[PDB]
Amino acid sequence: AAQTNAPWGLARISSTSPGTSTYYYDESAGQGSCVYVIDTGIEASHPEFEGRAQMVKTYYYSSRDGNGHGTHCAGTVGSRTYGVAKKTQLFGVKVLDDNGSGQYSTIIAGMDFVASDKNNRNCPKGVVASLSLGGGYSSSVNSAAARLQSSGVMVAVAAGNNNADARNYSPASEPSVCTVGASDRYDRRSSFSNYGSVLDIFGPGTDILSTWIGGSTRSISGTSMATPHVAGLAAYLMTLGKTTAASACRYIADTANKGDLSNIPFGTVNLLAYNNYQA
Ligand SMILES: NC[C@H]1CC[C@H](C(=O)O)CC1
């Protein structure tokens, strides 16, 4: 399948070269998989989600996304126009309030929730979790991310936006999950992207167009935007049967475009997520 005039990041995911604008992908499009977006919520009524999004948990007085960030991330995973995996099921877990803030205790509870709740959901092709959040190092936060991964969920986490080594951030620094840095449309490391040996992969993160609250769209930047590209890619590849939740981060790294990014510090992987689709 081909989506013309796609956002640059989707085109980049499906290309061996920068500078193209069509997204190419197998039409299965993640059908039968499910992706949990653990964030500020998802505006499930947005036309871009086509009924495939649903809030399943909140830790606040409402399940509504009053911020926009969670809706944007969910759109990059799975919206019809802005999403990698256009037929996946999206499940919202609101661990961040409408100012984008949340306690680590709440974030941990949300991760434990997904590890159990997946067993109440029909996801025959596999389960992914996208965590576009983090803060300073916490052993408890890393352990919760490691538990979620071990339960059979492909966990993708943002490296962080401090232009610093991600070893000092959580859940970015947990070795067993998939830690995602950000690149721009000229194949440069994004100016804010964290780096370091803990990173597993880069995805598009600068100037990413996706869904927003109020039935709208906008472009924003962050490792928070690169993470759902990788999460959606994992759901897409799992639906194709190419990999599993336990192996998808390694598979994405094995099949990535290698050596194409600039301003990668010595010691950080030079790997850009790629779907390897040939029509
Ligand atoms: N691993 C639990 C979750 C993944 C798929 C499973 C199934 O589809 O049989 C039930 C929900």
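Following the PDB entry, chain A shows residues 1-279, kept in their order. When a ligand or atom number is given, it counts from 1 through the structure's own listing order.
- In this structure, the drug found at ligand 1 is tranexamic acid.
- Structurally, the greatest contact with tranexamic acid is made by what UniProt calls Proteinase K.
- Residue contacts with tranexamic acid for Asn120 are absent, since no atom lies close enough (heavy atoms, distance under 4.0 Å).
- When distances from atom 9 (O) of tranexamic acid to the protein are checked, no heavy atom turns up under 4.0 Å.
- Most residues around tranexamic acid in chain A come from the UniProt domain Peptidase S8.
- Atom 5 (C) of tranexamic acid has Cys123 O, 3.0 Å as its closest protein atom, hydrogens excluded (heavy atom only).
- Less than 4.0 angstrom separates some heavy atom of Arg121 from each of these atoms of tranexamic acid: 3 (C), 10 (C), 11 (C).
- For atom 3 (C) of tranexamic acid, the closest heavy atom belonging to the protein is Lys118 O, 2.6 Å.
- For tranexamic acid, the residues with heavy atoms nearer than 4.0 Å are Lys118, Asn119, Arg121, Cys123, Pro124, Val127.
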